[PDB]
Structures are given as C-alpha cells and as structure tokens.
K.L.:
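Sharing a structure, written as structure tokens. Questions coming.
Chains are lettered A, B, ... in the order of the sequence lines. The PDB entry numbering applies to chain A: residues 1-822, in that order. All residue numbers given for chain B refer to the PDB entry; the residues shown span 1-822 in order. All ligand and atom numbering here is 1-based and tracks the order in the structure.
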There are 2 protein chains.
Amino acid sequence: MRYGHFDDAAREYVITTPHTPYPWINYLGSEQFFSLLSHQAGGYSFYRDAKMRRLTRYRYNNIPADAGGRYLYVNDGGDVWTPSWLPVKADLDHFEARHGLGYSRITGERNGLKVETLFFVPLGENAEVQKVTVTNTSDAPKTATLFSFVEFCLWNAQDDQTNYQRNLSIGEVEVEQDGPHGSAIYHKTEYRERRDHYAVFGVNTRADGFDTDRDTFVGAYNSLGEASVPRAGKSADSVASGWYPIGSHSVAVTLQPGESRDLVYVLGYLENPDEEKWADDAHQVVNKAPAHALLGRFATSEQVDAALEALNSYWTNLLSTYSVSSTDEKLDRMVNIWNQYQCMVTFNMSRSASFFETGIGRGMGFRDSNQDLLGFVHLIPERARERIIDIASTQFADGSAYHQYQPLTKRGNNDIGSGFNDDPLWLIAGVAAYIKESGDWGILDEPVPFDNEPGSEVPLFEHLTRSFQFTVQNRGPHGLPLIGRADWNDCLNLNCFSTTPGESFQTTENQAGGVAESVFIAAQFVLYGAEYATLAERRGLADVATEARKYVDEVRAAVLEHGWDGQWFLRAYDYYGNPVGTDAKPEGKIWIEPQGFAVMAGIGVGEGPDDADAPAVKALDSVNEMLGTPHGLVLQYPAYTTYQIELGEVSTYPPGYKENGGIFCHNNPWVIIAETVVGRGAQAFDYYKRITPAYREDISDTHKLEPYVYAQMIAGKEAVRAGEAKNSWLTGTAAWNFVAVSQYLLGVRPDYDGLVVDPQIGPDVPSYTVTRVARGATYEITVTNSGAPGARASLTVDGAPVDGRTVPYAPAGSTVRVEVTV
Amino acid sequence: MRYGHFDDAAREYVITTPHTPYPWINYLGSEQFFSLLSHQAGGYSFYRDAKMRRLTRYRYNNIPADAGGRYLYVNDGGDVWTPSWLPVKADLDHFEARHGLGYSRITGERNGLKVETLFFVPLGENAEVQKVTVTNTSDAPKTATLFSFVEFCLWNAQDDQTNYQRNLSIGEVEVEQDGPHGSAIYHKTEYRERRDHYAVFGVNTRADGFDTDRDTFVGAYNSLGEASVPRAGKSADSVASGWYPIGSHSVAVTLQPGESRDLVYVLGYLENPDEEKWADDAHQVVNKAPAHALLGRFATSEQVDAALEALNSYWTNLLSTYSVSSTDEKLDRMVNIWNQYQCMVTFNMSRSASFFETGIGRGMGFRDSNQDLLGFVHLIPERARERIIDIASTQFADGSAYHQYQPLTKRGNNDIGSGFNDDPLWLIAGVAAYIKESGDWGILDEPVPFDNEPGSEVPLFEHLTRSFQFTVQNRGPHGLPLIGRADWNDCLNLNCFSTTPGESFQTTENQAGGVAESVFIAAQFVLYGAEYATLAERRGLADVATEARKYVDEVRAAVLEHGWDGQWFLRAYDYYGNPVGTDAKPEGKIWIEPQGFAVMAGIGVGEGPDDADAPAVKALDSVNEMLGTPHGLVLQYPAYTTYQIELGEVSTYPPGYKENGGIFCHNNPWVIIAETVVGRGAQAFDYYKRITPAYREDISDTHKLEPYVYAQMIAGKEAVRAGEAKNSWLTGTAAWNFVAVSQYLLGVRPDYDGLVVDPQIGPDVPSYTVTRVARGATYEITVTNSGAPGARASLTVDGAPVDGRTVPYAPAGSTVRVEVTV
Ligand SMILES: OC[C@H]1O[C@@H](O)[C@H](O)[C@@H](O)[C@@H]1O
Ligand SMILES: OC[C@H]1O[C@@H](O)[C@H](O)[C@@H](O)[C@@H]1O
Ligand SMILES: OC[C@H]1NC[C@H](O)[C@@H](O)[C@@H]1O
Ligand SMILES: OC[C@H]1NC[C@H](O)[C@@H](O)[C@@H]1O
C-alpha cells in the first residue's frame, strides 16, 4: 500500500487521494512565520510562537480529524464543494496534493471546474499566501461563486480554548471592502489594549461580499461541511461582535471553455509601533499602512511567481552544501532533500507544534534545540550561531538550565519540569558541532548572560565549563553522574515515587537524597567531556584540559567497572542503589540508550567487528537480538507490565508504546553510529533502513503517518499496533539520522582542522559520490566501496596519496577531488 | 418569543423544539457526581472535580456547538437517526426535551418508532443512568438496532486537551459482553498505575455487539452525525488500544404494534482500595466487584423508577423550607422551584464547569462559594456547615486567603490570582448567614486550620477575627480599605500597569506601593463588620465588639467624607490617589457596586424614600437614570472606549460586555435590596423582573440562553448585542436574587433571635402567603400589601398584636400564624 509518490525532480511528495490513513502535513515558512498545512488544507498559522501569537484556530482531536483549515467553497449553480475535499466531502473527478519545500499545491476538480491552490509563506514575509487558479475544463460557459474561509484564533491559544467566560466577548474585526488592492478583513482582538499587532485577510480584487462571523456564515446546527452562506450562494456580510471571528470573501467568476482566472489571498501578521497604532485621534481605527504594503506586495500573479521562484532558489542554495549521488535513490532522496528539509523544520519548531504537539506546553527545548543543531549547522551556520547564544542564555550560573524557553520571549521556564541532569552537556555537543562545521572559534568569546540577567555575561566557553563542572561535581557512589529529575529519557524518574494520580511526572516534586545514577549521562560525559577537553586545550587552557581529561577517564573507568551487566550496559542505579536494565530483573532487562551512546564514546571497543569478546560487540549483539524489529529498535525489553514505582513514568505506558517498549526512533541513530564505530557498516545501514521515510513508503498503511518525514515513535513488538508511528515531524530522529547517514554511513564529517572521509556502510551501496562544501571549499568525494566488515577507507587527494582519513581544509575558493577506497 | 414552556406541577421546563438559540442544559446530581446535559444529550460527567476526574470528553467551541454527548443511534431498516436530533439531524415526527429537577427526559419519534431517554444521577450513586423507552407507534410490527454511544475522557481534562504526544498511547479498555446483568465496557486508562478508579458503561441486557474504539465506530473522515457502525447496522466489536476510547453497545429490538421496551444504561465511577484493584495475580484485569454491584442496582426498570421517586422526594422536601403562593405565577415559579434549584447547583459547582466555564482553571472560589451559602443555607444547612469549614481552612493566619481551592483536594491555589482584598470579609457574610438560619452558634467554636496546616487550628470565630483585622489594618490615606489585586470586581486592577500582551490581569505581578483604595470594600466592611461585632457580642467579647463598632463607625464616616461624588458613591482611588468613578471623568462616571452596597449597609439613608436630600436616594436615582435598561442595570456608565492602563482589565472589554458596561447580574440584587432598604418596593420589584428567568421567557430569542436560570452577564446598552446573555447557570446572581426576593421583597428573613417579616415589594403583589420552616417551626405568613411607598409591616401573631417586625422563634414542631399588614 501507497497513497502517493516522491517526485525527485520537483522536490515534492505527491499525494493522489485525499483518503490517507491520517492527515499529512507540510510546514510552510522557515524564518519567523509558520503554517501547518495538511493535504486537505487543514491546520493553522502563527508568528514565532504557537502558544502566544496564533493567528488561526485549529482543533486537535476533532471528529473528523482535520476539519478546519483554509477552505474555498465553490458554488457552481447551486452545487457546493471544496477542492480540498474536506470539509464538504463532495465527489471529485480529480484530486491531487503536492507538498514541496516551503510550499504546497492542492488541486481539486468537479463538474467542469478545476480549482488549484498554491499555499506558501514568502521569504521575508509574515504571511501565508494562496494563489488560487480556477479553470473552466468543460465545453460550455461557467459561472461560480467562490468563498474563502479561515477561522481566527484569539492569539493566546491557551486562553483561546479555555477562557470563554471572558474571550467570547472580546472578538473584534474591521472590514475593508474598498482597499487599495482589493478587499481585506482585520482581526484585531485586544489590539484595543496591550497587543500592538493584528491579522489581515485579503484578496487581490474587489469582493462581492464578505463575512466575519462564524455563526452567520456556517449557520446554527451546521458543521463546516454544511456552511449556510456558500449554500445560499451569497455572503451575508456579517460583522462579528464577540463570538467567533472569521475571514471570508466571496468572488463571482465567469469563464468560457478552457479559460482561467487567478485569485491571490494573503493572511498576514502585522505590527505597529504604538505611536502609530491608530488611524485616528480617538484610537478606534487601526492603522492599516503595514497591511496595505503587504497586500500590495502580493496584488498580482507575477509577484507571487517571483516569490515562489526566490523560495525555490533559497532551497537550492540550502541543499547545495551536502549531497550524494549513489545507486540507491531512496538514500539519495533522503540525504539530498527530505531529511535536510525536516532539519530546517525541527530547528524552527523544536517540539512545540505538530499535529500531535499542541503548541501550548512545549516551547524550545534545551536538550531538543541543542541536538537539532547537529543537523542544522551545515545549512545556515549564522542562524545556528545565534541559536546557540539563545540557548546558553537560559543556562543558570551553577551549570544547570531551564529545560526550555518560550519562543516569543527567549526566556526559560519550568512548565515541563526542571533538573534534567543530561541537559547541561548537550550545550557542549551543539557548540562542538558548530565549531567543527564553521571553524568560528570567535563564538567561544561571545559574552552570554546567565538566565538572561543583564550584567551577568561571561564568555560562551565559560558556560561550557559550567556544564562540564556540573556533572563533575554531581556524581554518585560508583562515580556515575547523578540522574536528578530524569536524563535523556524523560520517563525514567528515579527520584519520584508518585502515588497521586493525575499529577505529571515531569512537574511533580522530587525526593531529595538517595543515590540514583545514570549510565547514559556517564556515556554522554565521556563523549562531550572529550569535546570540552579539546576546546580547553585549543583556547590555551593547558591545565583545565589536563584536569578535564582525568575526569573523563574516571567516568569511563566507572562505566566499565560499575555500568556493565555481562552482555550489555546497565541503564542506571535507582534511588536505593539497585541496578536498572540488568538480566537480574524479569522486565526491563536491556535498555538501548547506554548501548548506543557508550559505544559512540568508544567505551568497550575491541580491535574489530569480529572481536566477539569486546563489550561494545556484545552490547550491540544483545541489542540486535533483544531489541530488534522489522520497524526499528525498541527502547527496552521486556516492556514493563505493572507499575514500577521507583522508575517513574516509564511503566505507566502500555507495553510497546512510547518509552515502554516503543521504538523511540531518536535513539536508533545512536546504535547506527555505534555500529559504524565497531566497523559493521552492513548492519548500521540495515538499521537506518528500518526507520527511514523512503524505505517505509511501501508500508504507508502500517506506518500511518507522513511517508516523507521521520516520527518520534513507532509502536514496538509488544504493541498490538506494532509498526504504527505517532508524533511525526517534530523529533530529534531527523537530525540524528542526518548525522548518522551523512557523517558515519557515507562518512563525510567536519573535524576541527580538516574533513574526515570515513565510509562505513557495507556492500548495499557499492559506489557513490558526495559533494560537500566546507569552509567555502567544495570537496568532491568519489567512493568505491566493497563494504567488507572492518575495512576502512584510504584516500588520494588531487592525485596524491595521503594517510589516515582526514583531509586538511583547503583554502576557500578551491575544489578538492578525493578518491576513496574501502 | 418562546421555545418551550414551564410545567409548574411537574417542576419541569419543557423544550418543544431541538432548534433552540443556544444549547440549553440541566445539571444532574447534587452530591459528588455530576452531569452537564443539554437538550440534545450533549455535555459530560465528572466526579467531585471537573478538571480532575472527568469521565467523558466534551468539546467547547465545536462546529456545530454541542456535537458530543450521550447518543442512541437507531437504525430502522437502514435508515439512521437519533432522538436527540443531533448529531444525525434526521427529520423527526415529534421531539421533546423535559428538564426536571435532577433529571431530564428527551423524546424523539421517527417513522413509527418513539425513543424516550430519561437521564439522571441517582442519590448516593456515582453514576448517570438512562432509562430508554422504545415504543412502536405504527400499526405494523417493527424491528431496529440501537447503538449507544459515549466518548471517554482521560480523567485529567487539561491533559486530555493538550498532551496527545503522551496520551494517544495510554487509552485502555476492557470488554465484558457476558457480565451478571448484561454487557459492560470498562474505561481503565492509567489504572495500570496511580489511579484507583475506572469507569463503566453498561446496559441491562446482553448486547449483540459492542464498540470501544472511536475511529472504528465513527469511520474515517466522518463526523458523529455520519457514524459508520450505525449505518452499517452492525457493531464492529473494536477493542481500543490507545487513541480514542468510547462505550457503545448494539441492542436489537422487535416490537408488536403499540408495544414498548426499556433498556437501562449506566455510566458509573468506581474505586477499589489498593489491595483489591486486580481480579488476577498478574495485575492485568480490573476487579469488577463495585461495578457489578452498581449495574446490579440498576438491573431493572423498577429499581430505576424507585430511585426516581426517591429523587422526587428529596426535591419536594428540600423545597418545603421556603414556599410562596401569590397572585403572580412567574414570581411563584422562580421562588418555589427555579431560583432554589439553581442555588443547589452553584453551591455544588461554584464557577467551575458550565457550557461556558470549561472546568479547567476555576475551582471552588473563596468569594463565590461564601456567597453561594447565602442562598443555600436554608436547603441543607449541615452541608453548608461543612462548606464553611472547607472554605475557612484555605484562609491564611493574616486573614487573607487563597482565592479558590481545588475541588478534589480542598487545598487552596493561585491559578486565577491572589491578594483580592474583598475576599476575607465574605467569610463573615457566609457564617453570619449560616448562624441566622440555623442558630448553630457552636460553629464559632469549630477548630479550623490555616491553609490546612496540622497544628494551626483556631476556633472558626478567630478566623473571623483575622478577616476583620485584615481590613482594619489595611486602610489607606482616606481611611478606605486598600484594594490589592482587585475587590469583588475582578477587572478593577489598580496595582497592575500592564503593557505586556498575553499575560493575564488576574494572574500577573502587581506593583508595590501606591495608595489605591476601594469604596466597595468599605461598604462591605461596614455591613459585615457590623455582623462581626454581633458575633463578638453574643460570645461575650464586649471589648472586641466595642472596638469593632468603632472601626465600622470610622470606615462609615470615611465613605461619607471621601467616598461621595455629589450625586452617587465614588468607586475607588487609584495607585496615585485619583478618584475613579467620578462625574469629573469622561467615562465610568458612576459604577454600580458601591451604590447598592453602601445603601445595603445603611450608609446615606435619611427620612425615608422621599428625602431627596439623602445620599442613598441621590445615589439610587443616579443608578436608575444612568445605568438602567429594559434588561437590567449595567456596571458603569459610560463604558470605556480606550485602554485605561491604570484600571487594569476592565477597559479591555469592548463597550457593553462583561465588566465594561455589561449587565453583571450578580450586582443588581444589591440595588434591589438597597431600594427596599430605602423603602421603594415598586422599583425594587421592577429591577427584579428585568433579570429574572420567568419574566424573560417571552424574549428567549433575545436572551438566547436557558430561560429558567439566571446568567452572569447580559449585554448592556452600549453593545450591538444589547440583551444577549452569556455565562448561564454559574453565577452569584442565583444566591443573591434568592436573598433579595425571599428575604427583602417578600421580606421573610431569619435573624439571630427571631424571624424578621418586613415586606417591601410595592403594589404589584397585593396579597401573598409565604410558608417558612425556621428552627423546626413552620411560620404561615399571610400578607396584605397596599404597596404604598415607604410603607412597612405590622404583624399580629396567633391572634395577638405584636411590636415591630420580629417574631421570636417558636419551639420545634409549632405552627405559628402571622397575619401581616403593609
Ligand atoms: O514532557 C515531555 C515528555 O512527556 C512524557 O510524558 C513523554 O513520555 C515523553 O516522550 C516526553 O519527553
Ligand atoms: O478569573 C475570572 C475572571 O476573569 C476575568 O478575565 C473576567 O473578566 C472576570 O469576569 C472573571 O471574574
Ligand atoms: O523521553 C525521551 C524523549 N521524549 C520526547 C522528548 O521531546 C525528548 O526531549 C526526550 O528526550
Ligand atoms: O467582577 C468579577 C465577578 N464576576 C466573575 C466571577 O465569577 C466573580 O468572582 C467576580 O466577583
């Protein structure tokens, strides 16, 4: 089963039926303004922040799913339909939805009218634009009225959906039928008070009618599928006062056979300095200058196509830094297009707003946005540079950090907990990755506040020493790091012991004391402590570097002395000091996280893939056997079947789901990289294939979700629904697979001083070429690959043989041809 | 005009069309279990706490409104319909909804098949019961299938609405097709862990089939109104695993012409003690003992009827305590049934869960639940007694309090703000009212903790002294009480100065300092300090009482000096000591709260109703001219047309709505009572009628909301929607209007030592009789009423002339006959 196909030439996914297993979305915009856009035009838009500045209302968990978006009702001689199929569900002669990069196109044809909508967010603009083309595809003339429709949200999404006792009375709008480029509608709830911003809804022609009151346009007792106004065939010209404000214009068109007409709609977010808030001395009329400039920049189809061409170019630019041409076009489309696109989206959204993330509780995660950085640095480094400052700015002086920050304000909060002891180290991971990529050492000197305190600024590097010190100065009785609230795994709450239902494990108070330690954070420390060590050394900090190395080696000794179960790695010591993820317990015998990560840190590695005696190999073989499924690798085994009070949230999920035996795809790339480390490329590629969008399109009815982007979790072998994903789009899997495949499978990764070429992918990719731009030079890396296990590359550069696998960076401007033999 | 009518004998309101102006609801239950039920079976049910143990999902702001409740899909030969109309919307031959006391009947008939559901919550039972009666009305034998449907919520409604990322994976059910009395379905999400409760949907017969998974039942791309399973005619026997759990049973019926059948369905809430959660060693199967028992008690129709008779007897004898017979039947039905009914509801719910209050943020409001008491103490005083203890236990040692408390835990919180300086005195009001009613002086001796601290208990009376001292020790420069965040008027935030959009006025940081005082709190102090002094006096605290009246005298003097604008009472002094509520200003010249409240406390009363020199008469006329509308009195005049940054939230509402120029019904009865005090019965009675459900039934299309219960706000003169209510059901209006009418218009009101009989209703009720049980005696009060302005009663009691208007309380069991002449 498949519901559409990739089109590589156009960089689109093409959906060919509306009857998908679930709503399938694209993210529009990439700067400050965003739209979630389903293949039925469902979703919503926000400026910068989904909780705080949401422009349009969308209902999660509606019946049916995704009824509510940017609809255009067509009334053709009494018959009413929508080219997005939903909400009217009228029969379509032709239907198509194409999700592209920063844009989508939805086309729907019925009874001789074809309606095509191009949705996108233009570069530099805080607006969503639709170019709608109506074509008469019959033998006879046609008259039709089109009704645009969109539903306003009242800005604060939290208040929107809970605070009716107030907010049913505050909705305001202005209507401008005779504006400079056509008709506009103004949503300005609370602009009267503290908001310095409003939304506009406009079309590039003088409208026949409008409507701004939902109840009037839809009618008592009706769903959107049955809206009264389009059925009536004419707008009611409703002005909202309180209740539910909408945006809606009506446009009657007449077409001869084969003729078409373009309509351009803009939903825009505008601000005014409060000096210029009002058109009038009495402050009753919003100043509309910005709104008229916006509509004037999109008054014509030529203007639209120009912006769309510019957007195409920007993508081409972004995607030119890394790419691959091989014999496997599923690999190719992932590395060249889809995975990098996702990374851009995750860098932007973190984990706040998907069709599963509700854009309310979660803002920008510390761990989440640091990790995303690893997949974003090659794309736009200047923006990664800024983001690093932003994250570091929510760090506390003692080295710990706010678990997340509010995107609109950049100020951290505790809304989803505090005291995650793995957080602080990810800062070093982000910065290491960024420096390797850019070589912009001047970042370590950037002055950066603690918890945004002005006056408190220290150099970035110093922030890093705090992170490093935090874990140094918080170790338990085996010398493993103290776990605190949780580690990378939010659901392993060893300091919790909750028996009060309905209070969240992420926010509920924690027990002081006990001796709970994390093998994960230990691994984490070994990996990133080495990065930190290497940066101390380079900044000329001799002794700090020597000291850092001593600690790193201690934590590594500890992992091997106290963190080893026999055939795999322990996960943790609980509050009482008892082992977790041991063969001693009947459930939760083996956990994936420390297996993946300890091996990337190099802990327990023998002298080859064929050294059955190395902890690293045993670990991965236990993982292979206990954790392996056709759909990826489950998190631990067996899943817990009763509530384990000492472990927190983990055993609260039914077996096979989320952290209780789900495939948490995010951690699969840790094993994939681990495998290349021990030199079993063939299997690392296997693993990559099980979870990767292009390899799973074939089972779209099983995966259920978008077949072009990774999801956070795939139901595991203990789940009745084994193989079905949830929480698509917004996941660290994206950036971690990008790292995995671009840098470890195919082998091309920047290091401090040169570019490493270390293919480890096994025989299924016998030959490829990578074009990598680094430090302004193009590297053309041409690989011949036997994929023999353990075999490792040798290189020639411009005709000359060199040693090891690191090509010192060539000056900017140069092209450097690398011949690779594995 | 009208959409149904009252049925006085049946104690029901009868809705005769499904096409009402807005969903009109009833509240089932009066103990700890509750159901919101619209006249289309829409709504939901919870246990104790609508945020925390919500059994069934419901969507606010759904398109259409109210698509979601308890549904019975009838499939008659392929043709599908619902007797609630919604969701399916088939044409009915007849429809009817009867809203009764603690139950409702909904009937729909279509093509020879009449389905009547009776809904209710039984006494002592944590369940909602449906007695379905399907009757063949054709002259031929008929066959059909019935599909019951309820949608489960995941207990924590806030989480349910926001946290899909977690909760889509924790839905969990059990199916019991062959239990002891029929088929049952068990919703058991998170019973696996910390929840000791599950839910049951069962029917008193063995069902042909079942469904527990929403998507299977409803179908993809379908709304409730197009549910797949009913249309297919067969259940699908789905066993939910995560996603959306539902309860549904199919039962096949066959009816001879004129024959009928009863099915009994039960939605119950059960709990096991910990050592009894599981049926099995393994802990995978819920112990069903409690649910078998519940389903057992509703196995037959006879048991249903009995429980309904018992519920009818509970209402008859709650309503025996206060009753009127008069020449105005609208007044009678308000007093004898509806106003009382509503007070039970408010007492139970505070402002927590309506079809407007979403049952998330609001719990049991300190201010609101104290005021509910005034209208509830005569119904079940023991429970009022408990409520005072619960409330007072959330007070702090300085006499300030938590603004509200969480219903499930009874522990106070700051979720909707802290430091509202009007809060503390309300506690005196409630306790005064309780003691006048019952004479249980021993309550002042009840030991009561502060903010629930073990060891902090003082007697209830000391809590009273802390509230009294809070105002005396928190006066500002004019000798008026400092205002804090706000007083009774939540939107008057004089210590705010907010420019940040998004942040709540209720919940944002206040400015330190400034000299902001409330005239309202002054009037409140004068009234309730007087009652405090009386509580001192009875307890022998003459030095406390003496000193207390001193302050009352001081504060009273300060209202006349510094709180008088010339023609009416000043509202406040802002952070800067500027008058607020003055004729000097262009907007908000006169605010209604101080006018009713001051005069209720006697401030500015003179010769009587025609002492034009008297401030109180000056004040009340101003109210009449400047605030009056045919729909009630508005809060201030003129409304604010731009943001007044120094007043807080009030100027943020568009003119005419809520606190900014809406009719805030809660405060009209202050003015009613005020007029009866001054002696203007006619105007008092006129103001009563402008806002009373009975008197507004004739303008249902304009009021839009339930015509049998007080709403919170009716759009005022300055709104385009003038006359349209919002926020029905949950409002202090119910308590305060019952006080007004039962106690000051009709004039029968308990005092500490006897029953005060002081009619002041004017000429439109020339004669009436009140029946009143008070401390175990029955007073039969016959009233002959001239209505002459200023004219007040003289009584003869059991044949004997008596002095003044107080009848000292007779023994328990006596019947005292009081003949009243005004
Ligand atoms: O707060 C975010 C966390 O919520 C937990 O309940 C989920 O199981 C985790 O997947 C997630 O990391
Ligand atoms: O927190 C509850 C309060 O919210 C405010 O926004 C409303 O205007 C008030 O009417 C309400 O009392
Ligand atoms: O708990 C595991 C994983 N869950 C999903 C969260 O977004 C991520 O931060 C966390 O690491
Ligand atoms: O003025 C706000 C007023 N209405 C809304 C609240 O229910 C009540 O507590 C308050 O007194």
K.L.:
Hey, what drug is sitting at ligand 4?
P.N.:
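Answer: 1-deoxynojirimycin.
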K.L.:
Mind checking something for me? Which chain has more close contacts with 1-deoxynojirimycin (ligand 4) than the rest, going by the PDB entry?
P.N.:
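Largest number of contacts: Cellobiose Phosphorylase.
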K.L.:
Mind listing the other chains that have a heavy atom within less than 4.0 Å of 1-deoxynojirimycin (ligand 4)?
P.N.:
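Going by heavy atoms, that would be B.
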K.L.:
I'm curious, what organism does the PDB give for chain B?
P.N.:
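The entry records the organism as Cellvibrio gilvus.
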K.L.:
What is the residue list for the binding site of 1-deoxynojirimycin (ligand 4), using non-hydrogen contacts under 4.0 Å?
P.N.:
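The site of 1-deoxynojirimycin (ligand 4), heavy atoms only, is B/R351, B/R362, B/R367, B/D368, B/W488, B/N489, B/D490, B/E659, B/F664, B/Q712.
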